[PDB]
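In this chain, numbering begins with 1 at the start of the sequence shown. Counting starts at 1 for both ligands and their atoms, in listed order. Because only heavy atoms are used, hydrogens play no part in the values below, and waters and symmetry mates are left out as well, while side chains stay in.
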Amino acid sequence: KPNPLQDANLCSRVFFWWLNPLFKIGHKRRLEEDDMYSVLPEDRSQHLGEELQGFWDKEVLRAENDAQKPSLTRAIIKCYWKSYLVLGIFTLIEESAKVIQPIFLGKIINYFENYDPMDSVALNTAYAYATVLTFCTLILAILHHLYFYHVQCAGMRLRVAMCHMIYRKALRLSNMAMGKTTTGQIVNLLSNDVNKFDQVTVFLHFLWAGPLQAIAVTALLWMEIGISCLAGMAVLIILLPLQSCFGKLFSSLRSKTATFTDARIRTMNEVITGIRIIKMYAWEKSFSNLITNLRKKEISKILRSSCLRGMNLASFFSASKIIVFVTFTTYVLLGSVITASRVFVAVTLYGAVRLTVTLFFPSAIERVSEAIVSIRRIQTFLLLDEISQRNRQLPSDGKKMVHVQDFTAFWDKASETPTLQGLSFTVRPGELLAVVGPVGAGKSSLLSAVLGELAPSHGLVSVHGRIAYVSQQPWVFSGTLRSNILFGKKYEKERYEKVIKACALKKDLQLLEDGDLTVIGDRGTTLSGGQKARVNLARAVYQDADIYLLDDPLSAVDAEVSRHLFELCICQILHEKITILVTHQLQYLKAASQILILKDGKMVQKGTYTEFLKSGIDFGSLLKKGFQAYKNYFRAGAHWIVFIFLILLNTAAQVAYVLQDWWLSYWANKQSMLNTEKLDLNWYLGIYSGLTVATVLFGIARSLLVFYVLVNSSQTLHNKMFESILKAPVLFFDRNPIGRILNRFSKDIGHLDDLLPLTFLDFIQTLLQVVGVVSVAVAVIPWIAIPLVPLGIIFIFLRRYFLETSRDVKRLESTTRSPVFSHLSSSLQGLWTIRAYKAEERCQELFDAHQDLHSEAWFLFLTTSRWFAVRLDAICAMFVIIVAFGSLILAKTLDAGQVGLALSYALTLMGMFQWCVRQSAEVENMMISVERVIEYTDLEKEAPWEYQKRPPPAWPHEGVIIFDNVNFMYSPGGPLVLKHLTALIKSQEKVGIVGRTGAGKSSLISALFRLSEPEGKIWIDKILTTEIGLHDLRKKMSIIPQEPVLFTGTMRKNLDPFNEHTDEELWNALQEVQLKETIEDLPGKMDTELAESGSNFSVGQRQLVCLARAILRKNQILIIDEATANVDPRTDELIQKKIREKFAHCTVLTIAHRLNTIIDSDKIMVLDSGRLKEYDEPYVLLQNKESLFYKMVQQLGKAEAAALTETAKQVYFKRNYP
Ligand SMILES: OCCN(CCO)c1nc(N2CCCCC2)c2nc(N(CCO)CCO)nc(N3CCCCC3)c2n1
């Protein structure tokens, strides 16, 4: 994929002309990883990594020679100064130009100040000065981009080399260091601490071109306006600390919101997760109250932080006005006079040095501090203790064989008992050694010592040959199954087909789409544990070393395939292979040609299976121990009157900005047309200060008002969205996962709260400044309106042409970045397997090929943005040229003030135009947040919580519940679930439910609570359920859910969230489940704050809590579901006895998976695949041998069925015959 950057000229590499073809393709179709362009040979990850590693090794070597700490920063500087001195040369040129061009502005204006139409010599000199002005702006606009590319390229190169050394080191970490670190800490300095290098370079050069320029400019100012410059200059310096006390006060209001944003997001997580429980309990007004309180207390801090941000941005807007105003007030007051050449040079000098001092120099300071911190982190990571490379082997005679003598080892230099105690045994070719021992013996550590991963303390280990190893936990990397097996070995058809058949892989391959070519990412997302183990075994077989180690291979797989693998591969294929096995299944020990027993780190006995049969020790004995979106985003914030006032306030701010400099222009003109006489100073300074103050106040007012309106729009959108997600029917929560729903509450509203109202105000600010500049140049030279239409059409078409590719290549440098982190993860988790094979260097090449695929989209993201900015500055330079020259070919009409104003504003168009366009892109990029928030504010809604027909207070009087032809569906057009459900429930009876899993057992609760408005009728005490609103239907029915949940809060809440009960009642209820005592030993009485789902509580305890809830509600209906799944039998019978003897006079339906739970129930639904068929007393249904109840009783067993039938008969005979 050749790179046209390689075959291009200089006249082609300045205008990035090599990149037009890609853009053309980008205009037709979408871009893929083929359309991309490969990288230069001077940028492949391997080359940079090798070079920087060379310098880093030299530097640490000299550190050892000198006994002082090695510094990575010195290595980076030593490898990169020779190539970062060139870019310094050019930024020196660029700063000199930004300082020179005001002086030629001065000379042009000075020609206008002494206009004489006949002195054509002066006209020719002024034309020369304008030509020099356009040369300066054309080296500031066209040759500043073949520079910025390389300044970002030095940062790219540094970062890619750093990533390569980081992976290289993390591939050879000693286990002692490996354990003390993590694998989240070795991806956090490759995803977030090696990105700083992509940015520090961009600004590094301003640590010396920042101050130097701020002196050069000062000197120039001194030559023109004299001492007064200091006055103005003083103010500029004050913007350095004031900018860093809007930062150590905004960072105290921005990390005092996380303690509220995260509370709200966590409460979201609980509300969205357990929404079926909240709806069934009819609680969501409580969570609505909680979330309203949290959201209001984060809007307080969002509103303070945004008011402060707006004040900062208005200071940035009006700083230039205040500098110029104080400069020229001091300039005039010391007794000098205003002429139009010094005024509009000094303005431009202040423009340049303000853009450097207040914006670029502090940014470079921040970014160099961040890159130094990151270099320190990678510095520490590169000094972790390594692994002894496999050293000079003892001279052998070609006998591949394993022998260990008197081996003792520790995993810690502080452990008392050694991991191994003097182990001395061996294995030869063809001898399938095996290890037998319960968990805690050290067999895993035994194989680890075999691999050398455990440092020998005494004895000796002699392993001579290629080693194939299998970890206890199978490990799969990002790649296809054939590539998974090959692990770098070239494919061989027969040697792979025998692998396929001996591993019994055919079933799994026929399951998946690509046969054996299905791509398997990290953690085996496309595989199962048995598949992982089998593919790991296949890798071990195909790598085909001498000595093989197999640790617990067959435990997690089926018996037959495990037998096949052990017999026709381990017993058969490996009978000619050195092998060590750690096992847990006894049947295979007969096939072990040797047996090793390990215990307490000490050898117990070695021998064949026969000698341990004769030993008298059975193994088991040992083994046991669009535009509409903008309109909706703006309508929410305020009514349109405030919006029209907002527009007038923007316009007043901009117009007063422009009119201040216009006032200097008019002042200068009124000084020229003079004469001693003087000029009335009080009037002029009065209006000058009036215009400056109007600029400042209108800037502050515009910024605060825009922030307030957009923050208020965020608040209104969130309140609407949330109060419309609490009312969405559970069907919606089923369609959308928990991840996406709670993503538009944390990330999206996360934008809408603090990044639209800042990007959308910055965009408005600089857009109105661009319009200010263009309208000044059109009010002076009206003819400019003609060429400036072919700089509107060209601009719009340019931006369309460019955003159709900068949106196809700013997703390629994102969807090819993750594979780097994924490969790093998959290689650290499989680390022992990798380092067991001598092929760790091949994983280095895989990392590079995953890093020459992100440094291949960073290349395009760095040069397509430049192909855009070169052209934008061609447009801005055409404008500056037209203003500079067209101000002369019409010299007869203009004057010094008009020309100064028009020209210096055109000079500031540079850069301001580009920031305006960049924010336009970013705002159109973050209105997707608003589009999603507004997509949720328009969801479905279940029936309203209240109806006109409120129920009688005593209702339900008894508990009569009648199902009349209830036909219920989960979703429209789906399978009919309950079909003609016609049943009667007379007061207080206990009705079990029987059926198949999902055959309608758990749908009766779904329809009875109207979780999906059912078809049919349900009468609760002769009242239709559909005819009453929900919270007058769910408040009057209790339920015991499958998995109880406790909602984060005081235990006073998880029982009485509405504060409708009193401490005596709560204590009594908790007593009825006998857990009252179990609570009154916690820090608080009830008010112990809890973790998720009451993690300090047990499942049985949670069930007790919900049973207490049911007791507290004391309504005369009740529904139980999945009483005890795996709860301990004591708590089982506990809950059972409270279930009967607590709720005798409260109608009970029970939906249980077992029979003893429901054997004694008064009646039983029988649900036949979504159909009620049998419903009567259990004894009657057992009388008929053909009843499904009889059949499913008989399916348990003989003694079980006899006991159950006896119990049902006992109930019948005690009940119906007194
Ligand atoms: O109203 C100023 C807002 N801010 C401060 C907010 O944090 C701001 N930040 C910039 N940066 C952010 C990212 C790291 C530092 C730069 C930045 N960068 C450029 N440049 C890149 C143009 O594409 C010039 C360098 O090429 N130009 C800027 N202007 C803005 C318009 C008037 C003056 C030119 C500018 N402004």
Drug at ligand 1 from tirabrutinib, iclepertin, dipyridamole, flopristin, bazedoxifene:
dipyridamole
Would you mind finding the main macromolecule in contact with dipyridamole (ligand 1) and telling me what it's called in UniProt?
ATP-binding cassette sub-family C member 4
Tell me which UniProt ATP-binding residues in chain A have a heavy atom less than 4.0 Å from dipyridamole (ligand 1).
none
Could you tell me which UniProt domain of chain A does most of the contacting with dipyridamole (ligand 1)?
ABC transmembrane type-1 1
Of the transmembrane segments of chain A in UniProt, numbered from the N terminus, which have a heavy atom nearer than 4.0 Å to dipyridamole (ligand 1)?
3, 6, 10, 13
List the residues forming the binding site of dipyridamole (ligand 1), heavy atoms under 4.0 Å.
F203, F316, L355, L359, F360, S363, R367, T766, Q914, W915
